[PDB]
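Step one of this worksheet: look at the structure below.
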Amino acid sequence: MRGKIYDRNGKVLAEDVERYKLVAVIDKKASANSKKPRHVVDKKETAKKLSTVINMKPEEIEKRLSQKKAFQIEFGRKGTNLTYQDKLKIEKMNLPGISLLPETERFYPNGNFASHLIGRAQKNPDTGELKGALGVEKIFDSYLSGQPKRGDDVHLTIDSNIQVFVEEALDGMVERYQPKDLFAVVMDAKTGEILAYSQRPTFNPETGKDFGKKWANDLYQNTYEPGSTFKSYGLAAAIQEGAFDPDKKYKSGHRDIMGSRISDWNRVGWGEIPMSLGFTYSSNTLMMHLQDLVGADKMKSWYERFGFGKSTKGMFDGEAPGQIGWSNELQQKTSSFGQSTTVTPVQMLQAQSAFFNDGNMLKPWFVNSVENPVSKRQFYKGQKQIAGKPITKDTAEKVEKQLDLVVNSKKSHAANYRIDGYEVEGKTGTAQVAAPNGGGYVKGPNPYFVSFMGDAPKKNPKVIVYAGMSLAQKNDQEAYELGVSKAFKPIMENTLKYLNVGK
Ligand SMILES: *C(=O)[C@@H](NC(=O)Cc1ccccc1)[C@@H]1N[C@@H](C(=O)O)C(C)(C)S1
């Protein structure tokens, strides 16, 4: 009996269950008595009396009850997975030929729910043996797999209440923007526990609908050009190095890099503005400037020290390292605002954690334990671990003040992320998406990966929410303008209420 998969609070995300399959013996070959038949005689009337319990298709049933030289028949999917009452109901009616075989099915109480984390187990029909095909099911299969030995349970950090907030919000963003890719992740700011994680498009582990359309888990196995969320790590390196003074002025506008003209987003700039306002506006010239002040060799190192270009070493299979793009000054200067370099969303959460743990990066984790439920032996137990301390408490407190302004500055271009009654901070991102098949960047009206790396309450946050949407195929203009504010706001507002945060 395959092990359970539980959430933070012992609520069930996957379990084995006893269901029943319907079998009808149609062929008259059980004729040792016409008075005591063991096959289906009146087809019309046998068909009608189980319509009362099954899908109620008396014609489709009577149709299927008519085949060629087959003793037994099944009724595909609507005649598998039937309750223990559905058995006793059909057994009371004493129909001849009709029996119900027991079947052990894998059952996901919440259906489409953390589907790409939890994964799916598939049944060998010959043995009823279940094998994990993706996610926790696949990773921890040997632990979950079971004279009759009962398999070990896997406990996640996922909180079913928060996971719901995330599932509703991403459901809305698909109706509004129908994007090619989309994800949101809630993490405990102070522990690095994944409290909630979802992505679209995804599958239903229960029904199996859409399974194997996308193998890739967004949090761990998919890489992105992060965009301007990645500026927080460059700003931290610059604050530590001395390059960044919020009140010093810099020449905004553009820079000429290996002959190409990389410019601020409004193209003109704002002339000489303070570096604080530079960041608040998301000036690429500020970041290319700070890179010149600090040094190309010193900045590759600073990115490496924030955990980039190498795997977080988490519990997920085939975790992507990504890569720091640093082969020519065009790659380095574009890396400063999160193009060329590829990240995993989990790398970004590891990095971002440093601003709230006095400079200590938290290794993010979702598996809480693997225990036998009889013996109570923990074969594995996860905990808060430090992944690096790339910056000082001071650097961190100052990166925080900039993230506060990005949202709450009177000249903010990101007030769409404010939440009535809770103070929020973070950094926005709009980024070009590499074309799957070489061909530089995806073309179109606004062919962007919009993203936000927020946290609340500000300075001493309970949670970090990192949502990202890639290539909205509808309201693509509103996508560019609002990014992921329509997912961030509800996810964050409901998660703070549920953790009883004041206001
Ligand atoms: C960071 O990713 C920056 N993005 C770019 O410079 C690329 C870009 C994409 C669309 C339009 C113009 C430029 C800055 N990040 C976003 C943001 O802060 O939301 C901006 C569009 C302001 S530029």
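Numbers in chain A track the PDB entry; the residues on display, in order, are 64-209, 233-589. Values below: all heavy atoms of this structure, side chains included; hydrogens, waters and symmetry mates excluded. Per deposition record, X-ray crystallography, 2.6 Å. Note that ligands are numbered from 1 as they come in the structure, with each ligand's atoms numbered from 1 the same way.
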Hey, quick one: which chain has the most contacts with ligand 1 in this structure? I'd like the name as the PDB entry has it. Penicillin-binding protein 1
Write down the drug found at ligand 1. benzylpenicillin (bound form)
I'd like to know if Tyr566 contacts benzylpenicillin (bound form), where contact means a heavy-atom distance under 4.0 Å to any ligand atom. yes
I need the atoms of benzylpenicillin (bound form) closer than 4.0 Å to a non-hydrogen atom of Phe423, numbered in the order shown. 1 (C), 2 (O)
Nearest candidate to atom 8 (C) of benzylpenicillin (bound form), where distance is taken over non-hydrogen atoms, out of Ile348, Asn370, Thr516: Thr516
Mark up the atoms of benzylpenicillin (bound form) that fall under 4.0 Å of a heavy atom belonging to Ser314, in ascending order. 1 (C), 2 (O), 3 (C), 4 (N), 14 (C), 15 (N)
Identify which of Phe316, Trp351, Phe365 has a heavy atom lying nearest to atom 12 (C) of benzylpenicillin (bound form). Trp351
Which covalent bond, if any, links benzylpenicillin (bound form) to the chain, stated as residue and atom? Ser314 OG
Below 3.5 Å, N or O to N or O, backbone or side chain included: is there any such pair between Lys317 and benzylpenicillin (bound form)? no
Is there a polar contact, in the sense of an N or O pair closer than 3.5 Å, between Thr514 and benzylpenicillin (bound form)? yes
Ligand-residue contact atoms, benzylpenicillin (bound form) with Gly313, heavy atoms, under 4.0 Å: 2 (O)
With a non-hydrogen cut-off of 4.0 Å, what is the binding site of benzylpenicillin (bound form)? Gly313, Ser314, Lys317, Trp351, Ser368, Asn370, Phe423, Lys513, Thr514, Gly515, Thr516, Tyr534, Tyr566
